[PDB]
There are 2 protein chains.
Amino acid sequence: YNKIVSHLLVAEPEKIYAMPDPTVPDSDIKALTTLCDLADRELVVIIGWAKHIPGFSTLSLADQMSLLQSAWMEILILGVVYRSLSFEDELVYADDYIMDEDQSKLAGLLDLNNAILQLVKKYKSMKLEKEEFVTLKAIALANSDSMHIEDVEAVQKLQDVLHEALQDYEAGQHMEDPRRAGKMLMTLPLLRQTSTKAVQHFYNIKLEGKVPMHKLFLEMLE
Amino acid sequence: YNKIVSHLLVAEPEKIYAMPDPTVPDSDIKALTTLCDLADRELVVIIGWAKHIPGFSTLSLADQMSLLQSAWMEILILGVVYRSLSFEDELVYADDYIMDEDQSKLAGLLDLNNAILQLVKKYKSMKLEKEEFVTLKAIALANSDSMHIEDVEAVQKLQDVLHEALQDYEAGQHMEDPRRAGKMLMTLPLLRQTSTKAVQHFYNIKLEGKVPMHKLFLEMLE
Ligand SMILES: CC/C(=C(\c1ccc(O)cc1)c1ccc(OCCN(C)C)cc1)c1ccccc1
Ligand SMILES: CC/C(=C(\c1ccc(O)cc1)c1ccc(OCCN(C)C)cc1)c1ccccc1
């Protein structure tokens, strides 16, 4: 069994409850608040998680920040996708916050949650395993295509190392499909597309708040 | 040598000149007109090209249209990227229409053309070959993630067939890097991201015109 995959499995953060405020009337604002508060907590643990990825900490702080800046929404989305694989037309943002179509409509997230469900659909068909999920999260971080990378070569080595882990996993676990690793890689474009739209929506409705995201990753990394 | 790759090479369309109107004063409008007129001509030949891809014609007309609808901007962009690999900070839209930074600024395309140059940068480092380019164009078509596919399984078989061709090519041509096929696949997210932004920009400034894109692919396919 592949050691990087094993390591990523033990580095996996614990479940986080959303705790929607039971005193607040249901509304689009309440849904967005709940999601913002959930994501902020998730981002803190994502930063800690990334430090476990072999080679990530040896990048400059600027490069670590750049990768995180570019990847954070993909990592959040891949999480909700994975959590939702055993459900039907619903998204498990947390065990206590499962969004059906009516809820998504109410939150103004129909189009976005429908795209996320498209990711779910594909991964259900492919029978996405936890091992594959955690490896793809790490790959999405390393492959996030920041336009501000200092050490392009080191970031490529990190991509290489993680891709190798996925290939080695699939070679051992899935001999019935010698192309499964590539199929997994071919799911990344839809994740990127969905993230891109989610981030556009995030800025369009001003969820970023008073303090820029750049400084937030700084505080947490420094 | 891989037959699908060989076939794709012979299916490659001839060069198309942009023919910017020499009587028209240079302006953002002239640049956008030139690009619109270039793309429209390219789209006609792209539709003919897709018919050469093994299995594409045996899909329903609806599925052919769906793949084209979802992929067309990626295919256009991958073309300009490939045409630009031997240039520096300039995009070869056509032999007679090469956009430098000043031109992009003037056209309102700085951000978009900069993203396209990011694609170029990565492919230069990877030493992207024509064989790899034409194969990735076909993969981008098949992997374009339309939300309206009728025969999900047939579209997967098409993805499979093209992925197999890339893997077989790389296995024979690039034994020094057993992971090169996966590296090529890992370039697709940035293409998707760039296309997504280009399409958003395309609709934001109303370049679609009086007739919807759906009917355009119909006419040309029927
Ligand atoms: C898709 C749901 C979502 C977020 C989300 C996704 C996955 C997940 O596990 C948790 C949340 C989302 C919402 C807000 C957000 O902002 C965090 C920044 N702070 C400073 C508010 C990030 C993601 C969202 C994204 C954009 C607009 C509206 C909602
Ligand atoms: C990135 C350049 C570009 C186009 C382009 C890209 C590659 C290429 O080889 C040729 C052109 C572009 C521009 C217009 C366009 O519309 C075609 C639809 N008709 C009906 C006008 C498609 C692509 C463009 C895209 C969006 C907004 C503005 C410009």
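In this entry the chain letters A, B, ... are assigned according to the order of the sequence lines. Since chain A takes its numbers from the PDB entry, the residues it shows come out as 234-455. Chain B is numbered as in the PDB entry, which gives 234-455 for the residues shown. We count ligands from 1, going down the list as the structure has it; atoms in each ligand are counted the same way.
- By its PDB name, the drug at ligand 2 is 4-hydroxytamoxifen.
- In this structure the chain with most contacts to 4-hydroxytamoxifen (ligand 2) is the one the PDB entry names Estrogen-related receptor gamma.
- Other chains within a heavy-atom distance below 4.0 Å of 4-hydroxytamoxifen (ligand 2) are, by letter, B.
- Scanning the protein heavy atoms around atom 1 (C) of 4-hydroxytamoxifen (ligand 2), the nearest turns out to be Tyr326(B) OH, 3.3 Å.
- Other ligands and ions under 4.0 Å from 4-hydroxytamoxifen (ligand 2): none.
- By the deposit information, the source of chain B is Homo sapiens.
- The side chain of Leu342(B), and not its backbone, has at least one atom closer than 4.0 Å to an atom of 4-hydroxytamoxifen (ligand 2) (non-hydrogen atoms only; side chain from C-beta on).
- Ranked by closest heavy atom to atom 4 (C) of 4-hydroxytamoxifen (ligand 2), the top entry among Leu440(B), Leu268(B), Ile249(B) is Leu268(B).
- Residue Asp273(B) approaches 4-hydroxytamoxifen (ligand 2) through these ligand atoms, each under 4.0 Å from one of its heavy atoms: 17 (C), 18 (C), 19 (N), 20 (C), 21 (C).
- Proximity of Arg316(B) to 4-hydroxytamoxifen (ligand 2) is established by a heavy-atom distance of less than 4.0 Å.
- The single protein non-hydrogen atom nearest to atom 16 (O) of 4-hydroxytamoxifen (ligand 2) is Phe435(B) CE1, 3.1 Å, given as residue, atom name and distance.
- The part of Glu275(B) lying near 4-hydroxytamoxifen (ligand 2) is the side chain, judged by heavy-atom distances below 4.0 Å.
- Most residues of chain B touching 4-hydroxytamoxifen (ligand 2) map to the UniProt domain NR LBD.
- Within the structure, 4-hydroxytamoxifen (ligand 2) has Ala431(B) among the residues with a heavy atom less than 4.0 angstrom away.
- For atom 12 (C) of 4-hydroxytamoxifen (ligand 2), the closest non-hydrogen atom on the protein side is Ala272(B) CB, 4.2 Å.
- Residue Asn346(B) has no N or O atom closer than 3.5 Å to an N or O atom of 4-hydroxytamoxifen (ligand 2).
- Distance check on atom 23 (C) of 4-hydroxytamoxifen (ligand 2): some protein heavy atom falls below the 4.0 Å cut-off.
- The heavy-atom binding site of 4-hydroxytamoxifen (ligand 2) at 4.0 Å consists of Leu268(B), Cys269(B), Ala272(B), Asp273(B), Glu275(B), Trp305(B), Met306(B), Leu309(B), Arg316(B), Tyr326(B), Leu342(B), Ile349(B), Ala431(B), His434(B), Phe435(B), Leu440(B), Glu441(B), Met446(B).
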